[PDB]
Asker: 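Entry of interest: Obtusifoliol 14alphademethylase complexed with isavuconazole.
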Amino acid sequence: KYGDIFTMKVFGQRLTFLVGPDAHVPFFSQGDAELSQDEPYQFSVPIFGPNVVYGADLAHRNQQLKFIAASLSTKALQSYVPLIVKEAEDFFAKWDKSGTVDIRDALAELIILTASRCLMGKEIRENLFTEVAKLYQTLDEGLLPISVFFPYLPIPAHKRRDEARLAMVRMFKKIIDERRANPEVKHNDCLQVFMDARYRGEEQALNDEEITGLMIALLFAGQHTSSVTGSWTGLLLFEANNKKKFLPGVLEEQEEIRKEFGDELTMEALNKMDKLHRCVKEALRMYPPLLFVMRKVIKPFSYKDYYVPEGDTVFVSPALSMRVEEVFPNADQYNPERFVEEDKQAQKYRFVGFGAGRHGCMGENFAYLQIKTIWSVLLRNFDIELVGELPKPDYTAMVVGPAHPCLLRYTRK
Ligand code: HEM
Ligand SMILES: C[C@@H](c1nc(-c2ccc(C#N)cc2)cs1)[C@](O)(Cn1cncn1)c1cc(F)ccc1F
């Protein structure tokens with residue numbers, strides 16, 4: 001090894017990792033001509049679709065990111081937040097006087113519910129959820145670690161996936177054709193943002209696949225990440241170790257705001273919950289949901305005295321580059337308040353769990369707001385104690401959340 005950087009050769013290709021905040025500089029800051037996403041992420045293509053995201057050429061690609069970006073902008077966010085909150089308050093109402101809950105599975109149910117209404121609209125969410133929660137998890141199920149190198153191996157799962165996507169397109173066929181018949185009616189969701197999107201040089205719009213694809217992707221990104229970091233934020237907090245040292249800090253801020261921005265719950269009020277923003281952010285720092293992020297190298301680049309040829313595949317791990325102790329004092333242990341003047345730091349790419357650069361996470365705030373809302377509600381309506389100790393990371397999966405007896409128990413407030 002070096003400490004900072006280390007290539008392997010595995011199967012065919014050779015994987016050049018980076019860990020340094022200096023290291024990251026080439027991974028997070030060169031451009032689309034210099035690093036490619038095409039090859040490394042090509043596993044997703046026939047989960048999302050043809051000419052969707054990584055499916056499409058560079059021209060049609062950069063624009064779809066933009067439609068997503070604008071679908072998830074501060075504007076559109078402010079308008080989802082109402083939906084996000086209500087669902088949260090609606091979900092946690094249903095709970096008992098007192099009882100156990102697998103916080104992973106519960107917040108997974110709850111985020112997909114809200115992922116439905118913001119991404120696919122009222123009709124999908126009100127009429128068709130249980131259908132579209134199957135048609136998703138059938139696409140999901142066609143993601144095996146084989147799929148990441150042969151994403152078209154004729155194996156039975158891939159068929160079922162390809163099949164389930166086709167079906168989901170025809171579902172939005174109906175819903176979009178309905179809407180294109182009454183332009184009159186205004187619409188608050190992503191798919192509307194997409195429906196109204198058009199490319200440069202052409203004014204026919206995106207179609208009932210391309211759209212559906214674009215939305216599924218955001219379904220994917222939601223379920224594979226928010227869902228877990230949601231759970232981590234709380235598993236860590238309500239471990240007793242940390243409940244003592246941090247939970248007063250927390251609930252004080254829950255009251256301090258409560259008496260200013262009311263019993264009801266609005267974005268203004270989330271945006272300034274600066275503690276819980278950190279108390280979540282630290283659960284990304286310690287247990288990022290994506291293990292690592294990849295590019296094939298196009299224009300080659302030296303790093304120090306280490307040459308990184310062409311056809312390489314440069315990695316960065318969140319989980320690795322955020323346990324560096326020359327960058328995070330006390331990295332082994334759960335310190336929400338580290339960010340209070342870490343966030344004051346100048347050097348780029350010290351925190352990478354939401355990546356950085358040209359391709360940093362277009363969902364960052366959506367995630368936060370979804371997540372903060374969940375605990376924001378859960379703190380006010382319950383008292384939350386952990387059963388067992390802090391769950392172990394679960395690498396036996398494509399998704400990388402906490403191991404599956406990862407539960408709490410609630411008693412009403
Ligand atoms: C805690 C939750 C999440 C985490 C940790 C996370 C993390 C990341 C990271 C690390 C990247 C960079 C990946 C790369 O370099 O290729 C990224 C990109 C992205 N994320 Fe997320 N993400 C989260 C949630 C979401 C959600 C909920 C959405 C959408 C609803 C979303 C949409 C995206 C998109 C569109 C990009 C691509 C930007 C591009 O390729 O130019 N993410 N995310
Ligand atoms: C492109 C998507 C990514 N997949 C990985 C990845 C996952 C598992 C392995 C393995 N083995 C290797 C790489 C890193 S980034 C993703 O980056 C992921 N995402 C972003 N925010 C939330 N999840 C992605 C990007 C999108 F633009 C849309 C959907 C989507 F899942």
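Just so you know, residue 1 is the first one in the sequence shown, and it goes up from there. Counting starts at 1 for both ligands and their atoms, following the listed order. Determined via X-ray crystallography, 2.9 Å.
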Asker: Name each chain or ligand corresponding to isavuconazole, including duplicates.
Answerer: ligand 2
Asker: Please indicate which organism the PDB names for chain A.
Answerer: Acanthamoeba castellanii str. Neff
Asker: Which residues make up the contact shell of isavuconazole (ligand 2) at 4.0 Å, heavy atoms only?
Answerer: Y41, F43, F48, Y54, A217, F220, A221, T225, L290, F292, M294, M398
